[PDB]
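Snapshot of PF-00835231 (bound form) at 3C-like proteinase nsp5.
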There are 2 protein chains.
Amino acid sequence: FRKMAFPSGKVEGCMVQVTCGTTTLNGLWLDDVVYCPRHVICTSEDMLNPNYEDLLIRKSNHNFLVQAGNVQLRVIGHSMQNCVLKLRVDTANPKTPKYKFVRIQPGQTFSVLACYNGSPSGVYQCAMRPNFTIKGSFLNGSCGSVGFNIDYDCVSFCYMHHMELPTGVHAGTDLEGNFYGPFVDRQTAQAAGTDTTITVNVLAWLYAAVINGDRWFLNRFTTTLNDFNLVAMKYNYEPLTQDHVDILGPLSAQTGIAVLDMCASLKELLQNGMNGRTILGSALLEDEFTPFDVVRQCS
Amino acid sequence: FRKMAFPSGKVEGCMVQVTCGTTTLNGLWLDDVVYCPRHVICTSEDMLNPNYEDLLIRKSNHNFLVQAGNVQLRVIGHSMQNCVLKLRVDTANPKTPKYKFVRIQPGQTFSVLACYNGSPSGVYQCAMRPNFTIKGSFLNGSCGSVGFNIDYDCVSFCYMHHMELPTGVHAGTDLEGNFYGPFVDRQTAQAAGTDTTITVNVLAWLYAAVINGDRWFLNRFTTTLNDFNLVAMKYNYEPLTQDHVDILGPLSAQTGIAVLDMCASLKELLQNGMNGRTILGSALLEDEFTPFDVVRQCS
Ligand SMILES: *[C@@](O)(CO)[C@H](C[C@@H]1CCNC1=O)NC(=O)[C@H](CC(C)C)NC(=O)c1cc2c(OC)cccc2[nH]1
Ligand SMILES: *[C@@](O)(CO)[C@H](C[C@@H]1CCNC1=O)NC(=O)[C@H](CC(C)C)NC(=O)c1cc2c(OC)cccc2[nH]1
C-alpha cells in the first residue's frame, strides 16, 4: 500500500493567482468567484498584527489583480467570509467541476495540489492530524493551494493553505475561511496542541492486514467502546466516535471481524507491543490511511 | 518533504479505454494515435503463449473499440511497435500536450497515473528499480496506465504498465514497446533479478533531511569513494560513481556537507542500523527521491 493522490486535473483548471500590490498568492476560480486567503490584502508589515475589516475598507475592486496564467480576470465585487476573500469576477470558469465545500474531521485524508503563482507544481496525499495540522510540503508562495477529495467526478474542497508552524507542519482553513485548529492568520509563531495517533486509521490498517492474510494479532477477546477509549488515551491514541465505528463498517463486514473485536486486538498490541513482529511488513502501525483509502487500494 | 507527483491533468485528457472482444485495458491518445499494450488482442487462451504478429494480422480495424469518456473513436488503421499497439483514429485529441517519449534509466523517478476502464483513478511517484521493476499500486484493468515526468509543460512519457510479478512488484515498457528488464508479455509467473538499493538517491534523501532540519545521523568521519563502494556493495547498494558525486554537488553546497562526508554517515547507518530512530518519518532508508527531486521540492 502507498499514498495515492486523486488525479488533479479538475482542480488544476481552477487555479489562478491573486495579487494585491506586491503580495501574490493562489486562488480558486469556481463559476464567477475566486476564493483566496484574505491576507493577500496585507502589506508585509501589516501581517504582523492586521485589522482585516479596516484593511479591506481601504480596498476596491480595482486593487485586485486576478490572473489565469497571464490573462487578467476583471473583479466586479469583493467580500470577506472568515479568513477567505471572495472576489467576484466577470467570467464564469468554463472548467468548473461539479463541486462541494466540506469541512473534514481529524483522521481524514485529502489530496493537496501545491501551487505557486497560480501554477500547479505537485500533488500528494495529506492526513488531518488530531491537532489540526497536516504534514505538507509548502514553500513561500504556496498559500491558497487547496486540498480536496474526488467522489464520482464531484470535487469536495476541504482545505485552503495559510501557514507553516515553527515545527514545520502546516495549518489552514476550509473553503468558508474557518481555520482547522486554534490558529489565526497573523504573522506570529503559533504552536499546535500535542498530537495523538489516529485510532480509526490504525484500525483501518489492521483490517487491511487481515484482508491480505496477515492476521497473527487477531485475539480471542472483545471490549466495550468506552473501555477501549479509556485505554487508548493512556497510549496517546484518539478515542473513537460513533462515526468512526460506522466508517469501519464496510471493512468489518468484508473481513467478518467485529469493530469491537478489532479494538480488543489493537488494545493488546498497545499494552504488549509487536514483540519484534511486523504487520504488512512494517514494525510501525500506520495511521494515515482511512477506511476509504484501504478499500480504494485493496478492492 | 513528501513524495510528490506531477499534476496529472495534461495526461488525464489523454486516457481512453481500448477493447478487443472480451479484453479491455487503457490507452494513451495523442494526436490521432492511441497507444496501448498489444496483449489487448489476446483472448484468455492466447495469453499463455501468443504469437503476436500472427494474431494481429488476423484482426480488423473494427475489432477495436476505443472509448474516450462516452464518445467512440473510429479506428482507421493499426500497427505494432514491439509490445505496444498503435491504433490510428479518425479524430485528433484536442487536449494533446507537448510531449516526448523517453526511456528512463534505473534510479530515475516518474509519476504514475493509475487508470481503470479509461478513467484516471490515482497518481503517485515511482522509481525505476535497478532490477527494472517498479513498486507500484496496480489492480486488475490497470494495463496501459502510463508513467511520466513534466518539464515546462512538456510531458515526457516513460512507462506503460503491463504486469504484476508474483512478488507484487510491477513491470512494463517504454512507449516504444520495449520492456524494462527481462520480462515478456505472456501469462506466466516471472521473477526479477535481485534488487539493489539506489545509493545516490539515499544520499540525496539524507541531504533532504538536513535541509529540513534533521542532522542526528551525521558523524565526524569521512571515507574515500572506493572504501564507501566496498561497504555499499556488501549491503546490496548500487555503486556510487563520480558522476553521482557531481550530481549531488548542489545539495552539498546548500548544506555545506561534503558528499563523502555524507557517505560516511550512510556507512554508519548501514553498519549500525537506525536503532529505532526515524529519518523524515521513515523507519527505513528511502531510495526513491533523486537529487533533482530533492532540489525541485526543497526549492
Ligand atoms: C503563504 O504563502 C502566505 O501567502 C505562506 C506559506 C508559508 C511560507 C513558507 N511555507 C509556508 O507554508 N504563509 C505565511 O507566510 C503565513 C502568513 C500569515 C498566515 C499571515 N505565516 C506563517 O506561516 C508564519 C509566520 C511565522 C512566524 O512569524 C513571526 C514565526 C514562525 C513561523 C511562522 N509561520
Ligand atoms: C493488465 O491490466 C492486463 O490487461 C494486468 C495488470 C495486472 C493485473 C493485476 N495487477 C496488475 O498490475 N496485466 C496482466 O494481467 C498481465 C498480462 C500479460 C502481460 C499478458 N499478466 C500478469 O501480470 C501476470 C500473469 C501471471 C501469472 O501467470 C500464470 C502468474 C503469476 C503472476 C502473474 N502476473
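Residue numbering restarts at 1 for every chain, and letters A, B, ... go by the order of the sequence lines. For ligands, and for the atoms within them, numbers begin at 1 and follow the listed sequence. Just so it is clear, the values below take in all heavy atoms, side chains as well, and ignore hydrogens, waters and symmetry mates.
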Heavy-atom contacts under 4.0 Å with PF-00835231 (bound form, ligand 2), by chain: B
PF-00835231 (bound form, ligand 2) binding site (4.0 Å, heavy atoms): B/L25, B/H39, B/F138, B/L139, B/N140, B/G141, B/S142, B/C143, B/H161, B/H162, B/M163, B/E164, B/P166, B/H170, B/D185, B/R186, B/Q187, B/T188, B/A189
Atom indices of PF-00835231 (bound form, ligand 2) within 4.0 angstrom of B/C143 heavy atoms, with elements: 1 (C), 2 (O), 3 (C), 4 (O), 5 (C), 6 (C), 13 (N)
B/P166 neighbourhood, listing PF-00835231 (bound form, ligand 2) atoms whose heavy-atom distance to it stays under 4.0 Å: 31 (C), 32 (C)
Polar proximity PF-00835231 (bound form, ligand 2) side, B/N140 side, N/O cut 3.5 Å exclusive: no
Within-cut-off N or O pair, B/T24 and PF-00835231 (bound form, ligand 2), under 3.5 Å: no
PF-00835231 (bound form, ligand 2) covalent anchor: B/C143 SG
Closest UniProt active-site residue, chain B vs PF-00835231 (bound form, ligand 2), non-hydrogen distance to 1 Å: B/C143, 2 Å
B/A189: numbered PF-00835231 (bound form, ligand 2) atoms lying under 4.0 Å from its heavy atoms: 27 (C), 28 (O), 30 (C), 31 (C)
PF-00835231 (bound form, ligand 2) atoms in contact with B/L25 (distance to a heavy atom under 4.0 Å): 4 (O)
Atoms of PF-00835231 (bound form, ligand 2), numbered as shown, that sit under 4.0 Å from any heavy atom of B/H170: 12 (O)
PF-00835231 (bound form, ligand 2) N/O within reach of B/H39 N/O, cut-off under 3.5 Å: yes
For B/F138, atoms of PF-00835231 (bound form, ligand 2) separated by under 4.0 Å from a heavy atom: 10 (N), 11 (C), 12 (O)
Within-cut-off N or O pair, B/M47 and PF-00835231 (bound form, ligand 2), under 3.5 Å: no
Under 3.5 Å: N/O of B/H161 near N/O of PF-00835231 (bound form, ligand 2): yes
Chain B: main UniProt domain in contact with PF-00835231 (bound form, ligand 2): Peptidase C30
